[PDB]
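Drug on board: echinomycin.
Proteins get letters first, then strands, A, B, ... in listed order; numbering begins at 1 in each. Simply put: modified residue means parent letter or X, and its extra atoms are ignored for contacts. Both backbone and side-chain heavy atoms feed into the values below; hydrogens, waters and symmetry mates do not.
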There are 2 protein chains.
Amino acid sequence: XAXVXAXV
Amino acid sequence: XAXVXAXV
DNA sequence: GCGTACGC
DNA sequence: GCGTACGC
Ligand SMILES: *C(=O)c1cnc2ccccc2n1
Ligand SMILES: *C(=O)c1cnc2ccccc2n1
Ligand SMILES: *C(=O)c1cnc2ccccc2n1
Ligand SMILES: *C(=O)c1cnc2ccccc2n1
Ligand SMILES: [Mg+2]
Ligand SMILES: [Mg+2]
């Protein structure tokens, strides 16, 4: 759920 | 030489 | 429920 | 000359 590299 | 994650 | 970010 | 960054 976090999006720092994927954002899901 | 770039440092975005290692910086060497 | 998945992976992006740079060159001295 | 190497790897850091977050949870809905
Ligand atoms: C987001 O909060 C989150 C948490 N754990 C995960 C595990 C695997 C893929 C995506 C995820 N996203
Ligand atoms: C993004 O691609 C990514 C990959 N791994 C991580 C680990 C911990 C925090 C954030 C991250 N983001
Ligand atoms: C920095 O400019 C730079 C370029 N290529 C590398 C290859 C391997 C380790 C570190 C590097 N740093
Ligand atoms: C830092 O850990 C890191 C790792 N791989 C990369 C690829 C491309 C640009 C920057 C990067 N930084
Ligand atoms: Mg892509
Ligand atoms: Mg460390």
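- Within this structure, echinomycin can be identified as chains A and B.
- Lab note - other chains with heavy atoms under 4.5 Å from echinomycin (chain A): C, D.
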